[PDB]
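The following structure: apramycin with Aminoglycoside N(3)-acetyltransferase, AAC(3)-IVa.
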Amino acid sequence: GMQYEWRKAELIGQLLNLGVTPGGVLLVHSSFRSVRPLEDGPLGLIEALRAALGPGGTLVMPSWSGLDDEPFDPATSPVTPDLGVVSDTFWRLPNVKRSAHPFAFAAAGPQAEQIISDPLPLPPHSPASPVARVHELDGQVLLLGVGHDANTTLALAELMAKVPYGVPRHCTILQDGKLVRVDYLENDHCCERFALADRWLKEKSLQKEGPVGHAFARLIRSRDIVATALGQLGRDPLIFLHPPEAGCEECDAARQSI
Ligand SMILES: CN[C@@H]1[C@@H](O[C@H]2O[C@H](CO)[C@@H](N)[C@H](O)[C@H]2O)O[C@H]2C[C@@H](N)[C@@H](O[C@H]3[C@H](O)[C@@H](O)[C@H](N)C[C@@H]3N)O[C@@H]2[C@@H]1O
Ligand SMILES: [Zn+2]
């Protein structure tokens, strides 16, 4: 309609009033469809995110390609479309370091290469993943117009709880001039039941909520996400799986994989 185009200074306040603190590590997942309109477009969001964190802060965003038969290059490989414009734009700006593997992240800040310097992580969200370095650095996770279905650290908690299901997934890189398929076993599914973490985090007062632009925003500490999901996965490791009653083809495949 005739909606308010948020300026940079107000976005900073919105970020500060949400819990974003300067000097920290902030991993954000965004759906710009819910943020818009902004006065400066998707760049205006990125500019505010780094303006609130300050120079001593480090902004981290997903930056993987999502393609399994195409090799990855941090200089050209576009972000998968499901990650949004903000993700696809952030890694192209000056001084934004990027991982050199298909499941790459993008980071900018004094701790950037502390986060993205690992080689190909198998599984994609293992320890020694960018998402695990955010955990190790006590970073924050900012859900930006997206639910916990996009919360990547939730998958890190799965492997940290030694979850039984492992489904065969693959990617490809360039080894000495030629392709090669790299087969691994990932712990993915529909990820719909990741929304269960909303009640888990909220009941423990671990999740900050509020507006960032027009989007609904969820801010949770990375270590608080892992810890919360650990205790819940320690109660039932299959709690993120759809029951066979629901007839979810994705989860039923993970279930059959012990
Ligand atoms: C094509 N690569 C992948 C595909 O694997 C494929 O495997 C077979 C061959 O390889 C194909 N025949 C089959 O069509 C397809 O299933 O499975 C899906 C599973 C879905 N949860 C999501 O994963 C998530 C990732 O697992 C997660 O690491 C990341 N955060 C983002 C994605 N949402 O996107 C991937 C991606 O689309
Ligand atoms: Zn499912």
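Along the sequence shown, the residues carry numbers beginning at 1. Quick check of the header: X-ray crystallography, 2.8 Å. Both counts, for ligands and for their atoms, begin at 1 and track the order of listing.
- In this structure, the ligands or chains belonging to apramycin are ligand 1.
- Under a 4.0 Å non-hydrogen cut-off, the residues that form the binding site of apramycin are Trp64, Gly66, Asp68, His125, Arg169, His170, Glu186, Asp188, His189, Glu250.
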